S.K.: 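Here you can see carfilzomib (bound form) bound to Proteasome subunit beta type-5.
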Amino acid sequence: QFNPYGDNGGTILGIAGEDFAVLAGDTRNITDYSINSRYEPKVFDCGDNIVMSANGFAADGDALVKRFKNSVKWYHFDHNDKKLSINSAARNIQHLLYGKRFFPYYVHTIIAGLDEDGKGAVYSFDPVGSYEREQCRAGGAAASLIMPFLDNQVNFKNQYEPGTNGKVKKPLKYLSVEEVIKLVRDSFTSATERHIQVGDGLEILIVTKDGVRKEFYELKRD
Amino acid sequence: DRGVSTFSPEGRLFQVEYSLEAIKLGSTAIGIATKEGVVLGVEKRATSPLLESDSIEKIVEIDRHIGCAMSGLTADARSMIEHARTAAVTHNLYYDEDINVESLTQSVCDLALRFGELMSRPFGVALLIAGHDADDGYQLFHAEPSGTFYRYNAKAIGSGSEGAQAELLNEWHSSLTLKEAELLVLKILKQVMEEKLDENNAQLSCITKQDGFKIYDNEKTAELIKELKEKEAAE
Amino acid sequence: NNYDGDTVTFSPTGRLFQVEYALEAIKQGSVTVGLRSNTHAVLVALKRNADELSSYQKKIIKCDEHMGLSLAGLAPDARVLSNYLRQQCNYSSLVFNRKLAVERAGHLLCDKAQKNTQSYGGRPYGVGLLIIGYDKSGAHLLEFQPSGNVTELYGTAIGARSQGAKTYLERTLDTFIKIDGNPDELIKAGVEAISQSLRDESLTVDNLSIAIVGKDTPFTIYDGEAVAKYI
Amino acid sequence: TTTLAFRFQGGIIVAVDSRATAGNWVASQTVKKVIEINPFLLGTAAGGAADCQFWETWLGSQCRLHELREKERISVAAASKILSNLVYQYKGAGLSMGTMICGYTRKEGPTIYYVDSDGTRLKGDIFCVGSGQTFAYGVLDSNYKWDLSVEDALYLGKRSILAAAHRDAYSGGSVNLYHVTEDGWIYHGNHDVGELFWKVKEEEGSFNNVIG
Amino acid sequence: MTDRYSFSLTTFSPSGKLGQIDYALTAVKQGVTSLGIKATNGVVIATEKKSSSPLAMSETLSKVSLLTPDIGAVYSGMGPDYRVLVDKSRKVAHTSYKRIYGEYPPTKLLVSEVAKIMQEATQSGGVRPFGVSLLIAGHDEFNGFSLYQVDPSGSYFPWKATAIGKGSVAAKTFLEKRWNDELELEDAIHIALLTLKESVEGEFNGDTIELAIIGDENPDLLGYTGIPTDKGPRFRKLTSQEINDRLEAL
Amino acid sequence: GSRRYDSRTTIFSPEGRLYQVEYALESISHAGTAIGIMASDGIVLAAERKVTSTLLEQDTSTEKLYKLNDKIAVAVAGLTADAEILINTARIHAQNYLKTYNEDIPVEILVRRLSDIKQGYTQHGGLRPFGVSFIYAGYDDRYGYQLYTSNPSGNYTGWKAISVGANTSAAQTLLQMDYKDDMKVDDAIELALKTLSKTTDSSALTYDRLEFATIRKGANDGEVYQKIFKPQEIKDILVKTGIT
Amino acid sequence: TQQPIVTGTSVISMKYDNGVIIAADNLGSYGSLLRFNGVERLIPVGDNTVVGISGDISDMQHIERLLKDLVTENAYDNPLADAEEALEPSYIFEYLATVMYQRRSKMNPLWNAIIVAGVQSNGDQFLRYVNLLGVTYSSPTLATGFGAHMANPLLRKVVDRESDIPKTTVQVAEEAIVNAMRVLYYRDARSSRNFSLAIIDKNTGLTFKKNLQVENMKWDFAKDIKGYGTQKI
Amino acid sequence: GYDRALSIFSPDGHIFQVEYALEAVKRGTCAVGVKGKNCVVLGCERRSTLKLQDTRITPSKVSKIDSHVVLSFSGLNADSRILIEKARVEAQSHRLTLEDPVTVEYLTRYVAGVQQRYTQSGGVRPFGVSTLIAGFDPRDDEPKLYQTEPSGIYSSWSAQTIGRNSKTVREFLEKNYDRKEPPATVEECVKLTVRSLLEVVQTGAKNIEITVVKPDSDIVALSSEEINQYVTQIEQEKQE
Ligand SMILES: *[C@@](C)(CO)[C@](*)(O)[C@H](CC(C)C)NC(=O)[C@H](Cc1ccccc1)NC(=O)[C@H](CC(C)C)NC(=O)[C@H](CCc1ccccc1)NC(=O)CN1CCOCC1
Ligand SMILES: [Mg+2]
């Protein structure tokens with residue numbers, strides 16, 4: 001019997017700073033035990049300082065990104081070139097996803113950008129549209145490997161102040177773009193080591209008020 | 001007879017032009033836009049003294065940030081308001097934000113020409129759509145049955161429109177306060193109204209960023225009427 | 001006379017009066033001018049107001065990053081047609097990853113307007129459009145009439161007193177066509193062209209409306225203080 | 001999930017956890033399971049995350065359209081029935097929703113309606129909904145009285161979620177408290193179980209099963 | 001495109017007349033004379049075969065039609081309208097009766113179904129009434145022999161004997177003098193031929209006259225044997241020779 | 001297009017009348033008179049056939065009086081073909097009610113639904129109305145014996161005695177004169193015939209030009225019987241009242 | 001819901017400095033039966049694109065007709081049909097990719113794996129894959145079926161990343177493709193010796209080679225192999 | 001389907017079909033609505049050219065839409081049934097979804113919306129009917145009286161009349177009805193309603209119908225003798 005879904009592997013990662021936000025993702029595309037492409041980007045600039053990635057089944061992922069990109073275009077036409085805020089984009093994506101509630105897009109979606117106060121924002125979606133704003137989110141094949149590391153290093157979970165008898169927690173603070181990129185790179189090298197579907201290359205998209213910058217790094221190709 | 005969507009030799013749609021004549025027979029409605037807010041006011045015009053004038057609903061809420069006044073065949077406005085309200089709430093559902101006043105007006109005006117041989121005839125009612133948004137601030141729109149809408153600093157529609165519009169031309173300036181605008185609507189309404197203006201046969205409303213769209217009480221308007229008369233006698 | 005009741009009727013001399021009456025609605029509309037060089041294409045439009053208290057009716061609409069038009073006549077009909085163009089430009093992008101040719105854009109509008117002139121119940125569109133764009137074969141300017149007739153031109157103008165600007169462009173043809181790699185000078189030529197259609201009124205800051213598209217220029221519209229440069 | 005809401009002398013208490021799971025994978029510890037429909041209406045969320053979140057957001061739009069059309073705030077009964085009639089249309093399609101519509105109106109007073117995805121709609125004083133509902137019931141029922149103070153009622157609601165957060169593997173994160181009065185709903189803070197458990201253990205002397 | 005005529009083309013005039021029905025009846029008046037006579041043991045229906053050209057083969061054009069094995073029909077007015085009514089009448093006898101009850105409908109009910117069709121052409125959108133009056137002769141077990149007239153309005157009346165079309169006024173007067181309740185079938189055929197000679201002008205023989213009967217069952221015309229209850233059609237069309245035999249002893 | 005040929009059947013006159021309904025009533029006024037008279041112990045239906053021919057088969061004929069169910073009958077005035085369309089609908093509606101509630105349909109409910117159908121043809125659809133007026137005669141266990149009438153407008157009203165068709169003005173005056181509330185069926189039979197006999201456009205009223213029917217409780221114990229009179233039975237009742 | 005009947009096996013391809021090479025054998029298998037031997041599975045569209053198709057052949061023939069019709073439709077009212085407004089590989093691919101995904105979304109897929117190889121108007125190499133699921137991806141080397149498992153490893157030794165493309169000549173690239181086709185003949189049970197090869201170059205244009213054969217095969221060592229373990233005769 | 005636009009604008013800006021529908025209302029028998037301090041009374045004319053009527057079974061002029069709301073009308077009788085039916089269904093549909101009976105304003109708004117829809121829908125003519133809708137909202141003791149008309153406009157009235165010679169009875173009510181002090185009791189309200197109809201009717205026998213509606217679904221129709229007592233009382237006071 002025909003199975004309309006497939007697993008294209010890969011993994012993605014979003015972190016939000018004070019005045020910036022990053023959305024990273026490896027460039028490896030796979031089916032079963034074969035590599036399809038060592039460089040197939042899945043993190044996209046969608047306009048209005050919104051970056052998006054829909055990891056999982058690539059065909060559904062591409063379809064969604066394509067449709068959201070188109071949603072941004074028509075938002076400009078219908079509302080006098082108004083900038084689509086990250087919170088508005090998120091809600092719009094929920095309706096795109098839930099629109100196919102009974103034949104879902106098999107993807108974990110993450111978008112990143114700046115909120116209307118200029119602060120860094122990351123939103124994450126399940127396959128049928130439930131969404132939540134967070135400081136931190138990993139998605140995809142190696143999400144289970146990366147996410148607990150992020151809890152520890154971004155949100156300082158289970159870390160207490162030395163000598164305070166485990167009474168005072170390590171205080172929360174925003175990370176610099178330099179420190180965030182260090183965590184992204186270490187997360188992906190670690191994921192590459194222990195997950196077979198992760199490797200080849202790492203592409204990061206950084207979002208500030210100035211625009212959308214890109215950075216690329218090699219990953220192990222085994 | 002003849003087609004509903006027929007052009008005249010001058011290049012106008014007969015039915016649209018005839019619906020405009022129906023709007024001239026309607027009761028007067030005035031709107032004035034300021035930097036402190038937008039004021040909407042209407043002539044109620046009760047056909048008989050036994051009619052309870054508070055039930056005459058010619059000023060209407062579309063959303064918290066958008067209000068609406070009407071003139072002409074007011075029964076036709078019900079489905080237009082229903083559409084506007086749905087459009088406003090629906091956009092909030094899809095985009096987690098308030099909808100632009102212009103975008104709302106455009107959505108209403110898309111219904112206008114959806115008639116022919118869709119509904120059987122154009123709307124016989126004009127609307128003054130007032131509101132506020134973060135981008136273009138305080139706005140006043142005049143939505144016709146032709147499908148056209150103009151933004152206005154001030155605008156009068158109805159039977160006393162051409163006389164009131166000429167008065168608004170002289171009186172309006174870019175530094176009008178909200179209180180000044182309120183009185184100005186009452187002043188111009190009292191001029192063009194047949195019966196003598198009071199709190200029962202005329203109604204005021206406004207929309208401000210802070211408090212949103214509010215229809216004034218008959219007690220509040222009565223004081224603004226009394227304040228208006230005193231100021232005219234004072235010089 | 002007896003043959004103007006609907007669009008489905010021919011006159012004894014072979015005329016469609018309803019289509020001609022729709023054409024008449026354009027002549028009443030405010031003037032708008034279109035012209036192009038080899039690198040850029042420009043739309044200039046005189047906007048019209050109800051009175052001093054009102055805003056000025058927006059004449060120019062964007063269809064894609066590389067295409068858009070100006071209108072003259074029934075504005076709601078321009079909204080319907082511009083929306084159709086937006087969808088067709090968009091269909092070409094999503095399905096073929098291909099920017100829609102300005103020539104095909106014209107062909108699609110022609111065929112949409114035509115269907116309304118051969119069927120009972122419907123009516124012709126009551127608006128004229130000037131479509132500009134930059135595609136794989138360079139800059140383009142089209143003139144759409146609701147009879148269905150679409151025409152590619154170097155320059156043109158439609159609306160009330162459009163004959164003045166159209167004569168000027170016919171004289172200036174050799175000059176403005178070679179304004180390559182210079183946006184501001186091509187606009188100046190368009191602003192001087194539309195000025196030949198003015199009577200009693202002159203071009204003010206909230207009256208003039210300009211749009212441009214070209215080689216390294218997306219379709220953008222200029223209004224308000226952004227057109228003060230060209231007065 | 002674990003969610004509860006109970007009626008008492010001083011109005012309504014509503015308490016929920018904040019965990020979200022995908023099987024045994026703890027997907028989130030910071031989910032908002034209380035939807036603020038309006039200043040007088042609350043909705044709780046348990047079951048499918050998208051189903052609850054999408055349709056309760058939609059419910060809020062329908063309640064807004066009611067007060068625009070009728071110039072009057074929608075009743076808790078009418079609001080709950082809009083949702084129950086909606087899910088009933090989708091009965092068999094596989095929606096997964098366990099919700100509670102809580103609020104105050106003049107005609108009704110404080111009111112709670114249990115609404116779920118197989119179409120059940122029930123008015124009641126006490127309800128617990130979710131994978132850890134039984135754990136919440138155990139604590140809530142054994143300590144519930146109508147004459148509880150606002151202070152004691154808030155605590156019992158909090159303590160009942162904490163109990164379920166502890167025992168139920170698919171509940172936890174943090175406790176979100178709400179109090180609904182004649183004047184509307186009042187938020188009573190987010191309470192992380194990480195600190196709240198030990199704070200409760202020490203002060204209350206409970207949780208003796210755990211290594212202190 | 002599409003049928004935009006969804007409105008009635010037959011409407012009441014100020015005087016209360018339904019114009020198109022009246023005009024349809026006028027068309028029937030212009031039509032060739034046809035008649036029907038009911039006997040005690042049968043029914044006869046007859047009409048003149050007005051030939052459009054002597055080159056035309058009048059045998060191919062059948063004015064008298066079999067509807068069921070025990071029911072026949074003849075008309076006056078517009079032939080094409082009659083032809084399509086016969087097609088519809090034959091089909092409705094099956095769809096709305098035989099496929100339900102496993103037997104042919106009684107005369108009165110088939111007539112009722114034909115009337116319904118003609119009534120709908122009087123009220124439905126974008127159609128004119130049928131320009132014919134029918135005479136339907138038939139037999140059934142519980143009602144015996146019967147004769148019905150059906151007008152463009154959809155009205156139908158049972159008759160002992162009647163005539164319609166060109167010379168119907170004179171023909172009805174002739175039938176009043178000759179008709180009695182003791183008439184045998186052969187006597188009714190004789191009277192039918194006498195009545196028809198008055199209205200016919202040119203040739204009067206078996207080739208210019210079309211005549212059929214509803215009489216006794218005809219086992220020879222059934223086409224098969226073996227079922228006792230099936231005894232054959234009561235409808236029989238008289239041959240050209242059979243008519244001429246009766247014209248000698250006229 | 002087709003607009004040119006549209007009569008616009010469902011519109012108002014400047015005076016606020018429905019043209020087609022008014023003209024349909026004018027049509028009905030030329031139809032054979034039909035009379036309904038309601039007594040305390042039954043109902044009478046009498047109707048005059050339209051100018052009969054001597055060669056018309058009288059015994060196996062039905063023009064005026066039709067049976068809707070066991071408890072309800074109607075007298076027709078107007079186009080017969082139109083009436084039959086409506087009668088079959090009414091017959092079906094009665095059976096739907098019986099199928100749904102396991103009870104015979106109340107008279108008014110049947111009358112209302114049939115009248116609602118007529119109303120529809122005057123407000124929408126662009127079709128001509130049914131050129132028919134009914135007299136409904138029936139019984140149910142709520143209101144007992146009932147007489148109603150409906151017309152092309154779709155408006156219906158109840159009556160003690162009523163006429164439709166031709167000469168209703170003259171007929172209604174005569175009924176209003178001799179009718180009284182404590183009347184019996186046999187007396188109502190006599191009134192119905194006497195009224196037709198005076199209002200008829202014919203020279204003399206005979207058995208062959210009439211249709212007659214009664215709805216009595218004259219069956220055995222607490223049950224209603226419908227009697228559609230045979231030719232010979234009309235001949236006898238006409239002699240018994242001294243008209244012939 | 002389908003099941004493929006008559007099928008085509010591997011389609012292999014790669015980029016080189018000035019263009020792209022694509023190849024596919026001429027077999028139409030009917031299960032284990034090697035039914036049809038004259039089947040062309042490389043279909044040129046214009047003089048700048050070649051679509052290589054594997055999987056169900058009935059569906060392949062449908063796609064042929066669509067592409068054929070696409071050329072016709074593009075020519076309509078298009079004076080620049082053989083110039084600026086000619087069909088690009090990217091246009092042809094996106095069209096197919098749209099169809100493939102629409103068909104999977106209607107649970108009635110075109111049971112194929114497709115590789116669109118060509119050269120764009122600006123000289124850039126185009127090579128992209130799409131299949132019955134609507135899944136798309138691009139790479140310096142692309143292959144379907146067994147090609148993905150056996151050809152890609154060999155072709156990636158020549159062009160392992162983007163920077164290796166300018167360093168690879170058409171001679172070297174074709175040699176690798178022809179070698180890969182031989183390996184597939186050794187090891188793929190539904191392959192044939194006969195195949196077609198197409199080169200789309202930005203300078204020399206489209207070169208379509210038919211009736212090629214796998215040659216220079218190693219079989220001699222087979223004679224020394226006796227039994228399956230112990231046997232010495 | 002029949003599509004023709006029957007209700008359309010004319011050069012002077014009038015929709016003649018809607019205005020001719022008002023003429024049908026003007027032809028109809030008079031109907032009056034008067035609301036007191038704790039009640040509403042609906043009075044209705046019945047023309048006396050119809051004798052030999054059966055008043056048991058003849059459709060009553062006042063119709064119950066729910067147990068707490070009533071609807072009277074003037075104009076085409078057949079048209080009124082369609083509005084009443086639609087209103088009754090909407091009344092039950094409201095109870096089903098909102099778990100609360102309709103307000104008199106809501107029910108009026110619905111009926112008025114139906115009437116409006118028929119003024120700009122293809123293939124249909126407007127309703128030749130104006131209605132008086134009266135009753136009491138659930139758990140409320142404030143009397144409600146609304147009027148609708150073919151165009152679709154609706155409004156609330158302290159007292160109002162519609163139908164033939166309604167301009168005469170409206171004249172009467174305008175001077176006899178005090179806003180500051182409405183009819184304090186049921187008797188006072190009924191008397192004023194009967195008085196107003198006696199300006200137009202003819203005889204006070206079987207020509208006047210009266211229906212009294214009180215709070216909490218308390219509706220009752222008066223009999224002939226009960227109404228006749230008001231007629232007898234008014235005439236004796238008149239001779240002065
Ligand atoms: C307690 C906490 C647990 O039951 C509550 O009941 C909460 C309710 C809160 C969130 C409102 N319920 C859940 O957390 C709920 C449990 C559940 C899951 C699936 C079906 C029914 C109930 N969890 C979810 O809804 C999660 C939330 C995400 C992870 C933030 N979502 C999923 O599991 C999604 C969507 C499931 C789905 C439903 C209907 C149609 C299609 C899909 N599924 C995935 O993300 C699949 N998978 C997760 C692991 O990574 C690979 C992809
Ligand atoms: Mg790896």
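So that the names make sense, note that chain A is the first sequence line, chain B the second, and so on, each numbered from 1. Only a part of the entry is shown; contacts are counted within it. Keep in mind that the numbers below use all heavy atoms, side chains included, and drop hydrogens, waters and symmetry copies. Both ligands and their constituent atoms are indexed starting at 1 by order of listing.
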S.K.: I'm trying to find carfilzomib (bound form) in this model - which ligands or chains should I look at?
M.R.: ligand 1
S.K.: Heavy atoms under 4.0 Å from carfilzomib (bound form): which other chains do they belong to?
M.R.: A, D
S.K.: Pick out the nearest UniProt active-site residue of chain D relative to carfilzomib (bound form) and quote the non-hydrogen distance to 1 Å.
M.R.: D/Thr1, 1 Å
S.K.: Looking at this entry, which organism is chain D from?
M.R.: Saccharomyces cerevisiae
S.K.: Mind looking up which residues in chain D UniProt says bind bortezomib, and which of those have a heavy atom under 4.0 Å from carfilzomib (bound form)?
M.R.: D/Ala49
S.K.: Which chain residue and atom does the model connect to carfilzomib (bound form) through a covalent bond?
M.R.: D/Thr1 OG1
S.K.: What is written as the name of chain A in the entry?
M.R.: Proteasome subunit beta type-6
S.K.: Any idea which residues from other chains are within 4.0 Å of carfilzomib (bound form), non-hydrogen atoms only?
M.R.: A/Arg101, A/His108, A/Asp126, A/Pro127, A/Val128, D/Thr1, D/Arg19, D/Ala20, D/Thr21, D/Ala22, D/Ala27, D/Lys33, D/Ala45, D/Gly47, D/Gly48, D/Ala49, D/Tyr170
